[PDB]
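Opening remarks: the structure here includes imipenem (hydrolyzed form).
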Amino acid sequence: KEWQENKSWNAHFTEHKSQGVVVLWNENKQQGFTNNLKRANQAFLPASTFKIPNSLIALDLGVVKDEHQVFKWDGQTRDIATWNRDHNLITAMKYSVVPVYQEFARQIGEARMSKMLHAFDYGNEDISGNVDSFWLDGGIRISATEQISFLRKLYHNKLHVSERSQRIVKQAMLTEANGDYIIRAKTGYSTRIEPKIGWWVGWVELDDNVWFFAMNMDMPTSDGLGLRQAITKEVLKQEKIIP
Amino acid sequence: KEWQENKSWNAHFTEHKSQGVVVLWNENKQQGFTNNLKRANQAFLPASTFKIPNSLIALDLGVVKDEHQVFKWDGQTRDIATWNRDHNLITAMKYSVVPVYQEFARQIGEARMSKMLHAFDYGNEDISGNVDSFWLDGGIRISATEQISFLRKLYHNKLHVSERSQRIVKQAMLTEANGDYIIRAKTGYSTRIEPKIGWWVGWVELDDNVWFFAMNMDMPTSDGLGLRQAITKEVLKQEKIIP
Amino acid sequence: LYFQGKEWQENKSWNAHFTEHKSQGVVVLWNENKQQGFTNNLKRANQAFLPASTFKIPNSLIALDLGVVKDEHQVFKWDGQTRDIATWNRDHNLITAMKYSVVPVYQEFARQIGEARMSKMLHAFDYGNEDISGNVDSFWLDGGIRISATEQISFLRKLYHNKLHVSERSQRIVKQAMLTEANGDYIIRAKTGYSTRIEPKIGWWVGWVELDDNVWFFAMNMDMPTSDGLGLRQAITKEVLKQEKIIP
Amino acid sequence: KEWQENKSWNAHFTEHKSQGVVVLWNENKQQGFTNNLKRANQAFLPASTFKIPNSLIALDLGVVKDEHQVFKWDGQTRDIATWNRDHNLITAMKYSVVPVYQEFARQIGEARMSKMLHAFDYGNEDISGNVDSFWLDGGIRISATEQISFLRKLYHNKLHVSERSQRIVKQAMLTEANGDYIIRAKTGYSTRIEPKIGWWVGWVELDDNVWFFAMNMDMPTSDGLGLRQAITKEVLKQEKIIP
Ligand SMILES: C[C@@H](O)[C@@H](C(=O)O)[C@H]1CC(SCCNC=N)=C(C(=O)O)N1
Ligand SMILES: C[C@@H](O)[C@@H](C(=O)O)[C@H]1CC(SCCNC=N)=C(C(=O)O)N1
Ligand SMILES: C[C@@H](O)[C@@H](C(=O)O)[C@H]1CC(SCCNC=N)=C(C(=O)O)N1
Ligand SMILES: [Br-]
Ligand SMILES: [Br-]
Ligand SMILES: [Br-]
Ligand SMILES: [Br-]
Ligand SMILES: [Br-]
Ligand SMILES: [Br-]
Ligand SMILES: [Br-]
Ligand SMILES: [Br-]
């Protein structure tokens with residue numbers, strides 16, 4: 001059975017007075033698991049999870065030369081302190097530095113952005129709105145199952161952009177590594193249109209398998225942001241994917 | 001003297017654990033009063049105070065036919081419940097309905113928007129960024145002192161746009177009226193660049209004088225938004241402008 | 001509750017608001033969206049009285065349309081004659097003249113308009129019985145002109161919709177000058193009147209309540225033997241508006 | 001000052017009843033630090049640290065097609081349980097799977113192995129001994145300072161192999177990652193020729209700097225192997241490189 005619902009994971013959302021969805025994909029078995037098949041297939045603004053395709057396109061087009069190229073702060077103080085400095089691709093993805101990616105999107109332009117998202121089969125492929133803000137308050141929407149389909153292509157270097165572009169973005173996605181697992185992932189927090197949601201999408205590399213994941217959860221305030229990773233890890237532990 | 005600093009108004013900011021400026025202009029005496037000349041001249045994003053020039057331009061170019069024309073809710077559920085309904089110019093200005101004004105700005109377009117703000121001598125006249133979001137996160141900046149200069153021209157029908165455009169916007173600015181005074185004004189809340197500030201700009205019509213006002217204050221959360229009107233009214237009452 | 005399709009529905013319960021103040025009169029309401037009227041007294045709702053200072057609305061419109069008044073800033077110099085109402089004994093503009101019901105300013109407008117244009121304009125406006133018989137500068141106080149509360153509403157609806165046979169500008173300036181009350185829940189544009197020259201002495205308040213998604217037109221009059229009860233015009237109207245859930 | 005001696009670091013060695021050297025290189029400042037200048041320049045058998053150059057050569061010559069290619073266990077039960085199974089480049093590096101790298105070395109051959117170590121300026125460049133064991137019991141010798149020189153070239157993609165080969169080996173070196181730092185490194189344990197020593201070589205990636213490191217310590221028994229990483233992290237902590 002390709003897709004199975006496991007409502008026992010709702011206890012992790014309940015425990016934290018939260019509502020949301022975790023989707024897992026066992027790459028070896030080609031099987032999916034979620035607490036909520038309906039919500040797994042509901043589309044939301046990608047917010048900063050869009051930094052994964054945006055990075056790939058920026059690299060492929062040479063808007064980003066490499067992961068060391070410096071993107072100057074515009075000197076506007078914003079409310080995430082780590083944003084108010086020069087960045088490279090690694091630090092811009094680590095700290096979700098929106099203004100750096102807004103500059104990439106302007107240099108990419110609407111025609112190339114649209115073509116690339118169609119070829120990626122990325123969400124509804126709709127860039128309507130401002131080319132520098134559409135993933136925040138424009139027409140683009142993606143479901144957790146659609147995030148998994150896209151991430152599997154990236155994992156296997158199967159996107160049409162260069163192998164090099166794909167390797168550099170996976171390096172930039174690096175979030176955690178230890179003796180048991182590697183996590184490559186991207187957070188997002190969509191606030192400009194309801195419902196306000198938190199994302200975490202990516203994969204867990206084990207010695208002998210890869211588990212893809214995409215989660216979103218209701219996030220009425222920034223107070224709950226750490227629950228994005230905390231709830232995913234509680235599900236990964238329950239399923240014995242990580243110790 | 002054209003400008004005088006009255007630091008006693010700081011008592012009103014301090015009582016509300018707040019920081020900001022109130023600027024008053026006595027039209028009859030051509031004299032200004034502020035608690036803080038320095039902050040009175042600091043330029044900030046106008047945010048929803050931009051709905052005053054945006055309304056004028058939209059009416060002058062016929063983007064808005066009249067104050068009854070209905071602008072249909074686009075069906076995207078947003079944060080402010082009153083935005084999720086149809087609006088005319090009157091209700092759109094009352095509830096600060098951004099999406100309505102974003103549509104006005106797109107129809108106006110960057111060339112006419114830029115030229116109109118130059119004719120108005122409006123703040124730094126800089127519309128850099130997205131034509132539909134520059135007053136939220138683009139290049140435009142205006143100080144409390146510069147808001148007064150603009151509002152005086154609107155009050156006297158001295159802006160280059162039609163008298164009709166000016167009359168309809170002043171109708172739309174109506175905020176409060178009783179047997180003692182009329183307030184025409186517009187709130188704003190700038191959150192996308194630091195420092196987050198609240199605005200209230202407009203004027204008090206008396207039988208035999210007009211007092212222009214422009215106030216802004218630090219607004220780290222939405223909890224303090226009522227302080228924009230409350231602190232301004234404390235100053236107006238101290239100065240015997242209103243009971 | 002009320003019935004659909006009905007033109008005018010009587011609600012005698014509002015008489016309680018008059019009786020409380022040892023008074024009697026009529027409130028008429030018109031729901032613009034629903035095209036339905038309500039009154040405590042179907043007979044008095046339709047009784048035609050001298051308009052007295054409510055005439056300042058059409059008088060204002062005609063004076064502006066003909067250029068007798070240039071704009072709402074033009075100063076009308078006090079003629080030097082000390083009258084009973086202190087607020088009349090000073091310079092006025094259209095805004096302050098309408099707020100303080102400054103009869104002498106409007107008498108001067110009426111003489112400049114003159115009988116032929118005043119008559120033509122009231123016919124174009126379908127205003128009350130359209131009769132200006134009497135002194136060109138006092139007919140709305142002691143001449144032949146008569147208007148009911150329902151006819152005040154008819155006229156006011158045309159003004160609200162800029163449908164009177166004068167410039168849009170004239171209509172916008174007069175609606176500005178009618179501004180009486182505003183807050184985050186409602187706006188009232190209205191004009192008071194006090195007919196004292198011909199019995200029975202009555203008080204008026206006519207205008208409308210602007211809501212986000214509707215307009216409620218109103219016209220009230222009440223017996224007013226002395227100026228002591230003039231504040232009851234607004235007070236009783238607000239009791240009715242509160243009862244009908246039009247204002248909180 | 002090219003190299004500074006900091007003997008206060010010896011406290012990390014004595015607290016662990018151990019003797020050895022840590023060498024750090026601050027890439028931004030082009031300055032080195034060590035607890036023992038003379039041992040920093042002492043050349044030892046590289047043992048499994050040789051897996052870094054061997055991986056690069058194997059990739060560039062196509063012995064390894066990519067990091068997914070499976071290297072079938074030869075069926076020989078060996079002392080380290082994790083070696084008794086199939087491996088790819090990632091797991092062969094993680095578990096230091098000598099037999100996989102011995103097969104790489106036979107496929108590379110003496111002539112190409114020699115030319116590549118000359119091209120890399122690697123240690124004494126001397127491969128004399130068994131083509132499949134010279135890094136364990138042959139003539140090759142490298143100091144901690146020479147490990148850092150070699151690693152700086154790999155970090156900057158300056159070795160005379162392709163950018164792709166360098167990017168794949170740096171992926172395979174991934175050891176630890178969190179919100180504070182990333183460590184790419186390789187352990188070694190030289191037991192075949194006295195003196196028995198342990199290695200750890202690699203670097204710490206920070207947001208704004210890279211700290212290269214090479215440590216070796218006396219290792220009479222396998223009981224102290226965890227001290228390779230533990231003593232290095234005690235130094236990084238003392239220098240405020242990691243929290
Ligand atoms: C809020 C929005 O800018 C968000 C996004 O684009 O998804 C940024 C800010 C954040 S969380 C900071 C909280 N800010 C709330 N406005 C992240 C993240 O953690 O990935 N990305
Ligand atoms: C938030 C921003 O759009 C702001 C503006 O553009 O000035 C909106 C929201 C608000 S306050 C509503 C509560 N805050 C939500 N951001 C107002 C205002 O009062 O003028 N306008
Ligand atoms: C009395 C008459 O002039 C009257 C009118 O024209 O309607 C004036 C006086 C007044 S109230 C003054 C009370 N004394 C009246 N004699 C008003 C009003 O309330 O609109 N207007
Ligand atoms: Br392409
Ligand atoms: Br590559
Ligand atoms: Br990596
Ligand atoms: Br056009
Ligand atoms: Br001016
Ligand atoms: Br007009
Ligand atoms: Br008005
Ligand atoms: Br080892």
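Below, chains carry the letters A, B, ... as their sequence lines are ordered, and counting in each starts from 1. Both ligands and their constituent atoms are indexed starting at 1 by order of listing.
- Tracing imipenem (hydrolyzed form) through the model gives ligands 1, 2 and 3.
- In this structure, the main binding partner of imipenem (hydrolyzed form, ligand 2), as named in the PDB entry, is Beta-lactamase.
- Other chains within a heavy-atom distance below 4.0 Å of imipenem (hydrolyzed form, ligand 2) are, by letter, B.
- Here the heavy atom of the protein found nearest to atom 6 (O) of imipenem (hydrolyzed form, ligand 2) is B:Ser48 OG, 2.8 Å.
- Residue B:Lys186 has at least one heavy-atom neighbour below 4.0 Å for each of these atoms of imipenem (hydrolyzed form, ligand 2): 20 (O).
- Per-residue contacts place B:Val98 under 4.0 angstrom from the following atoms of imipenem (hydrolyzed form, ligand 2) (heavy atoms of the residue considered): 3 (O), 6 (O).
- Looking at B:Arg228 against imipenem (hydrolyzed form, ligand 2), only its side chain comes within 4.0 Å, counting heavy atoms.
- Taking only non-hydrogen atoms into account, the UniProt active-site residue of chain B lying closest to imipenem (hydrolyzed form, ligand 2), to the nearest 1 Å, is B:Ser48, 3 Å.
- Measured by non-hydrogen atoms, the distance from imipenem (hydrolyzed form, ligand 2) falls under 4.0 Å for these UniProt beta-lactam-binding residues of chain B: B:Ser48, B:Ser96, B:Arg228.
- Polar contact check, B:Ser222 against imipenem (hydrolyzed form, ligand 2): no nitrogen or oxygen pair lies under 3.5 Å apart.
- Contacts with imipenem (hydrolyzed form, ligand 2) closer than 4.0 Å are made by side-chain heavy atoms of B:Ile80 only, the backbone lying farther away.
- Judged by the shortest distance from any of its heavy atoms, B:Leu225 lies inside the 4.0 Å radius around the atoms of imipenem (hydrolyzed form, ligand 2).
- Less than 4.0 angstrom separates some heavy atom of B:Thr187 from each of these atoms of imipenem (hydrolyzed form, ligand 2): 18 (C), 19 (O), 20 (O).
- The distance from imipenem (hydrolyzed form, ligand 2) to the heavy atoms of B:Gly188 drops below 4.0 Å at these ligand atoms: 7 (O), 20 (O).
- Going by the entry, the organism behind chain B is Klebsiella pneumoniae.
- Each of the following atoms of imipenem (hydrolyzed form, ligand 2) lies closer than 4.0 Å to a heavy atom of B:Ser96: 17 (C), 18 (C), 19 (O), 20 (O), 21 (N).
- Within imipenem (hydrolyzed form, ligand 2), the atoms closer than 4.0 Å to a non-hydrogen atom of B:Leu136 are 6 (O), numbered from 1 in the order shown.
- Within 4.0 Å of imipenem (hydrolyzed form, ligand 2), judged by non-hydrogen atoms, the site holds B:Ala47, B:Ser48, B:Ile80, B:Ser96, B:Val98, B:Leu136, B:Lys186, B:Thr187, B:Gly188, B:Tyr189, B:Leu225, B:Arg228.
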